[PDB]
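Section: structure with ceftobiprole (bound form).
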Amino acid sequence: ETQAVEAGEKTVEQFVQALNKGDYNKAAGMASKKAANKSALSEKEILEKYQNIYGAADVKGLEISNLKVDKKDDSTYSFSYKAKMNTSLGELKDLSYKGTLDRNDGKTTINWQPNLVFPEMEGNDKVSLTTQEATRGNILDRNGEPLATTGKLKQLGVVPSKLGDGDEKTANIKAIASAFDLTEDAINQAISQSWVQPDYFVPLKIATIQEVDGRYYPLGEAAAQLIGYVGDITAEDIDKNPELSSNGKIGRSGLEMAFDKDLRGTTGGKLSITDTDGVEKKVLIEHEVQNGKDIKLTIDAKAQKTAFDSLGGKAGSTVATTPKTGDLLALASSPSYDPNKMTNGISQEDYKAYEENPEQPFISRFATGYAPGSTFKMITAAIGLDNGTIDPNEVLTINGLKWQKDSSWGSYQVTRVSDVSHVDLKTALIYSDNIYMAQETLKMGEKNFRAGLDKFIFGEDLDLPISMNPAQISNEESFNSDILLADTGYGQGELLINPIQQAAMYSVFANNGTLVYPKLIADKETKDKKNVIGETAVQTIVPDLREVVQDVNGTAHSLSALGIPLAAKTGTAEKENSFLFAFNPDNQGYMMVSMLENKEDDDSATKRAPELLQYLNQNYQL
Ligand SMILES: *C(=O)[C@@H](NC(=O)/C(=N\O)c1nsc(N)n1)[C@@H]1NC(C(=O)O)=C(CC2=CCN([C@@H]3CCNC3)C2=O)CS1
């Protein structure tokens with residue numbers, strides 16, 4: 001407790017603090033002159049040491065404790081303290097520093113020595129710092145087949161110096177643009193790029209070829225919206241997260257981005273003290289690299305490749321689930337983009353292409369909310385049946401195509417397409433009679449309609465890694481209209497449900513009225529919501545839904561040619577959308593929901609479903 005002691009106690013601290021602030025020169029100013037019993041190096045020689053070592057290892061957050069300064073002679077005090085510090089590779093704990101001070105004319109300074117960098121350093125000792133980036137994990141389908149993996153790829157390229165001079169170049173460019181099937185002009189824009197030197201290898205496809213490590217998506221565009229793609233890491237990404245290395249790739253969309261942490265692993269590293277020849281003398285930190293985790297999904301890659309191909313590139317979406325457990329067997333969206341071109345290199349043209357396609361390939365339509373249309377009637381009936389409103393056999397008598405409750409609906413008319421004039425429940429679903437449904441809905445009223453709807457999952461967010469707004473009944477918490485109460489009853493109005501949310505609500509017909517939440521991660525436990533509708537309302541509706549197919553006038557009669565047990569409902573909306581709902585009523589092994597955004601003349605979701613239905617029907621039973 002002496003005013004010379006604490007003068008030295010303060011001179012240590014100002015030295016430590018100067019190193020935290022990274023002011024390696026202020027620190028160097030507190031060094032005794034270079035001498036045999038004082039410092040071991042000059043101010044400049046000291047400055048350089050800390051910049052080399054404390055900088056290259058980014059030493060910061062230096063905390064000392066148990067500081068001691070005791071007198072040894074009138075001009076020399078000995079100090080000692082414990083310390084901990086943060087390095088770019090971890091925390092250094094329980095360091096033991098020791099040294100001496102030089103009092104001379106009321107000026108107290110440090111007799112610097114290498115053992116104030118790290119305790120065990122001596123003489124001409126140095127420091128080494130090595131890092132090892134990890135390998136990105138895989139995304140797998142339910143059967144282990146890979147959906148996103150990192151492997152060696154046969155990169156094709158050329159060398160401007162092994163071509164032709166004049167006609168031998170512009171005719172040889174022809175030959176390699178053929179045996180590989182790529183445009184011939186793009187070989188000229190590439191060869192004449194800025195960075196090209198006539199000796200470098202210039203890449204073309206995913207004439208010499210070299211093996212390159214890259215990120216590969218076997219299914220390409222058939223699963224590009226769900227799985228996503230990955231991009232070069234940019235300086236900005238490191239601002240958002242300085243734990244990233246400049247050399248990896250990063251998930252930018254779809255599941256790659258949703259699970260980037262798990263998939264990307266942790267970097268390994270090693271901080272060592274070496275003699276003057278890089279020979280390791282003490283290891284201070286060693287974190288063995290930990291690679292990225294694999295991720296197993298519910299997807300069935302054949303169902304996905306089939307479901308996407310079935311849309312023939314038209315705007316639309318398909319979604320398949322095993323309804324008794326929630327497994328999502330496929331999440332198709334069309335049109336689409338090449339996720340391999342995006343990740344591993346995409347020409348400036350093929351890229352500008354996707355951006356201006358007005359049907360928007362980058363949209364994950366299976367998460368876009370739509371107005372479901374007539375398919376929804378299978379709910380409305382099930383609610384009406386639950387609360388007594390609907391008599392299956394009560395036969396309404398309905399004339400013409402238009403209708404309204406009374407003249408106070410101005411020009412708002414409920415329209416249908418088939419002038420059936422004796423409609424019971426079964427007949428209503430077989431023909432998709434908006435009117436019958438619009439009526440039996442009003443017979444039920446917002447209170448009893450919402451009483452049933454509210455037993456579903458509107459508003460809720462599902463436990464899935466896909467960004468999607470929840471499904472809504474209306475753009476306000478009440479309808480505030482009869483017309484809307486009606487429009488909503490037959491699948492329009494202010495309804496918004498996306499193909500995954502639809503597939504969840506309709507699961508009630510495969511589970512005696514229990515709703516089963518969708519499942520996308522292979523291991524996660526099934527989650528359900530019991531008694532959403534009555535078992536009896538199911539046994540009433542389903543046999544009517546078979547007849548949407550079998551009956552010669554059924555909206556989906558074309559599917560009876562297949563010879564497979566189907567129960568289903570269709571839809572259409574107005575540009576014209578087209579819908580289909582389908583599942584197996586014998587075994588409940590699968591269920592599908594297919595849309596067609598902006599259909600073509602005489603095209604339909606129902607005309608494209610068979611190939612996917614045959615696969616599902618055979619490979620998913622009990
Ligand atoms: C349910 O979605 C209903 N569709 C419509 O009424 C719509 N347009 O057709 C629609 N509602 S709102 C809005 N803006 N437009 C019924 N569903 C279907 C269907 O599922 O296919 C309809 C089409 C349709 C029923 C029977 N069809 C036979 C084809 C040849 N002749 C009849 C048929 O195309 C309309 S009613």
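The chain is numbered in sequence order, starting from 1. Just so you know, ligand 1 is whichever comes first in the structure, and atom 1 is the first atom listed for that ligand. All values below were derived from every heavy atom in this structure, side-chain atoms included, with hydrogens, water molecules and symmetry-related copies excluded.
- Covalent bond for ceftobiprole (bound form) in this entry: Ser374 OG.
- Under a 4.0 Å non-hydrogen cut-off, the residues that form the binding site of ceftobiprole (bound form) are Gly373, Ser374, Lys377, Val417, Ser432, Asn434, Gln492, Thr555, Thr570, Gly571, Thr572, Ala573, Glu574.
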